[PDB]
Amino acid sequence: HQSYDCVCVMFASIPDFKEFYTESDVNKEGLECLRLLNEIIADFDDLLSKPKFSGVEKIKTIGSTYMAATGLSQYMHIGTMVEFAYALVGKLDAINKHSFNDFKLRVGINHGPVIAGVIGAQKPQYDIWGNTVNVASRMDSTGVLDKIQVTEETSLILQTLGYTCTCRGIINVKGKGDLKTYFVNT
Amino acid sequence: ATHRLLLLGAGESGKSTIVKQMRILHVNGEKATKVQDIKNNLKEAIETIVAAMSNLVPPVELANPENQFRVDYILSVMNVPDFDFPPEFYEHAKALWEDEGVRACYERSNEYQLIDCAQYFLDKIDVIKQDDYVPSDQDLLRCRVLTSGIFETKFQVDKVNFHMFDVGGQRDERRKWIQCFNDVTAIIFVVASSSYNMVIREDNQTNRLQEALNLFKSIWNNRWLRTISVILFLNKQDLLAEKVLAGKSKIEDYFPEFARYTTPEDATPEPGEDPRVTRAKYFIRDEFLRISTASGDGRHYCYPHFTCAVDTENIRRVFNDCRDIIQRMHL
Amino acid sequence: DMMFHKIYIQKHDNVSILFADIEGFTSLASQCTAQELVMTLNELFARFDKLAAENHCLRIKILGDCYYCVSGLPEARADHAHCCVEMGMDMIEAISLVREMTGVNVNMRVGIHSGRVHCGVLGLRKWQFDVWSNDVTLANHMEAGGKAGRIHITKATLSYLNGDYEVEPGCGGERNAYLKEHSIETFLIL
Ligand SMILES: Nc1nc2c(ncn2[C@@H]2O[C@H](COP(=O)(O)OP(=O)(O)OP(O)(O)=S)[C@@H](O)[C@H]2O)c(=O)[nH]1
Ligand SMILES: Nc1ncnc2c1ncn2[C@@H]1O[C@H](COP(=O)(O)OP(=O)(O)OP(=O)(O)O)[C@@H](O)[C@H]1O
Ligand SMILES: C=C[C@@]1(C)CC(=O)[C@]2(O)[C@@]3(C)[C@@H](O)CCC(C)(C)[C@@H]3[C@H](O)[C@H](OC(C)=O)[C@@]2(C)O1
Ligand SMILES: [Ca+2]
Ligand SMILES: [Ca+2]
Ligand SMILES: [Cl-]
Ligand SMILES: [Mg+2]
């Protein structure tokens, strides 16, 4: 297992889901809730097989948080991740139509050096580590619904590729301090 | 031998009643709590009518301005939490309900949000006020309490098992529906047939029937419901005829396509039924069937029934037509 | 199966959910380099993995600095409480040696609840066995509302313990709002 240099990490969680989760005899003690979640994630997995998303490598899923990365295979890989993150919205919206719900996805996207590999000799599973990731996650959680939050670096890169950015303000990243953040325009 | 039925339909559509009817028909201290509920229905029925009187366009005036004070009594108690329901209340209520100007307001009710049981309870106030009052079965049927959440009710019919799931018809309630989508025998979809001249509680603008149709189209074309048939319940059939025969408000004025419509050949009208009613009730059914023909492809079908939910004599009948359908619609 | 996707999930009662996090993770990140960190992280969680197999815990996932297993799975166990307790013990011991090797204040913060779970996998691509329920959600908050180098247990986790370990007032309501607003009586281990 090896290191890398320019990997684009995206976290997309679903804040509205934790509320929607119930445990009652009617929903078979939270099974039906987890059943819709399956349908949603499975819709998100139906995007990786697409051709323009062949570069997207899904890492794992934290509860309702979908975690993926591009560039594990110049900066076109950062743009892809956005077209992907857009796509999840189309997939999460689709569900809403049929499921009479109002889920909104919240997207944090960062980039930089990461280390990718296997951890533990029990069940070997693929995972990426380092600062780049930690920020990616921290930008999701401090994000706004229907909006993609990006760092100052990513702000710039997307501006070359024709995406416009609106400054969120400043964030206290645990260990990296105050820093400027951005939203891509719908 | 166990079937799980799920009751869907917009708010006030009739779901809650249908279950009540099953308790009547096929099931077995407790009612004293419901007596309170019935009184509540009464309170808010009259208090809503009076409140509407001024905000209506044009406004409606009392036929006896003596009643102005009673009108003031009603609005003074409108929001009072645990109301004592004193004998004053009933006296002033009847007085107003007697007042012709107040009745004129009720006769224009479709222009504001008013429960279905208003007239029914108001007409029997001297019955309700008694301290040893016991509600009739029909009184239990007509008593309106909004359902929030999912409530299962099991029962047995000729050694066959049913699981009925009552849900909330309103929009913030439609999210919970999902939990009953998997492993369902069929949908019972209920519709306020009579509510063609009305808007919804949710936003005071969207037409109730037009809402029910769009909600239906959602269910009929749902990704998790592709193989489930939907037993359509066109409810409030009494109230429809009442409105059609009254002819005060018209259908072609809310749904202009009705002007075109003529009555179908396969018409099976009830004995002594006015053609006008026949023409109206089947038009409504046909609007719904246009959604059950565009998609489905013989993977799931639709079974209409004209139903009056507060008619136990009609519910046995229609639910018997349904038992016939399910016996082969689990094979 | 033809309309809903196939669900690979099943209910499991009488199980005990251990959650463990690292106090002083960023302060350690500050000393070593990107790689030097992953070595220390992989070494600890490989170390952790062995202990779980002995202490009859089935490890679920590793979420950065978050390690969490659960005894009572894959198959039922009457030890299910005692295992997690013995697990956290070994874990606070397992961090010790690796902490002394760095010479900086790093520690494990443990949290355990009991009860019922659902377990299995979600989606289609990239399956990873996971658990879900309020009891998991509670267990998680126990770790969050935990204290450094101590094992944070619930009212339910003492009634599966049969009182073999000596406990003391937890006061979890003051360290976490979910714990407070649900009036969970918490305890600590001696
Ligand atoms: N006249 C007449 N009244 C009816 C009929 N069906 C139901 N009602 C009345 O309408 C009222 C509303 O019906 P209800 O059963 O509460 O709708 P709902 O489906 O439960 O509405 P919700 O719980 O989703 S918000 C009830 O008080 C009932 O008595 C009918 O066929 N004819
Ligand atoms: N690979 C990953 N998988 C899942 N989550 C991750 C990953 N990497 C980082 N995270 C997230 O990074 C977040 C930051 O951790 P946190 O700040 O709590 O650690 P800490 O510095 O030890 O602080 P504390 O001592 O208060 O717990 C975590 O909540 C975690 O969910
Ligand atoms: C997905 C289901 C649900 C409702 C229930 C559940 O058990 C969780 O998955 C746990 C607790 C649980 O799966 C254990 C890990 C972790 C990461 C702690 C989860 C998250 O906090 C989830 O919420 C998030 C943020 O996705 C949460 C709470 O969500
Ligand atoms: Ca942490
Ligand atoms: Ca930490
Ligand atoms: Cl309706
Ligand atoms: Mg109801």
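To find a chain's letter, count down the sequence lines: the first is A, the second B. Quick note: numbers on chain A are straight from the PDB entry, i.e. 879-951, 965-1077, in order. By the numbers in the PDB entry, the shown part of chain B spans 36-366. Note that chain C carries the PDB entry numbering, so the residues on display, from first to last, are 376-565. Note that ligands are numbered from 1 as they come in the structure, with each ligand's atoms numbered from 1 the same way.
- What sits at ligand 3 is the drug forskolin.
- The chain with the most heavy-atom contacts to forskolin (ligand 3) in this structure is named in UniProt as Adenylate cyclase type 5.
- Other chains with any heavy atom closer than 4.0 Å to forskolin (ligand 3): A, C.
- Defined by non-hydrogen atoms within 4.0 Å, the binding site of forskolin (ligand 3) is A:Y899, A:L915, A:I940, A:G941, A:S942, C:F394, C:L438, C:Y443, C:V506, C:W507, C:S508, C:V511, C:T512, C:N515.
- Counting per UniProt domain, chain C has the most residues touching forskolin (ligand 3) in Guanylate cyclase 1.
- For chain A, the deposit records the name Adenylate cyclase type 2.
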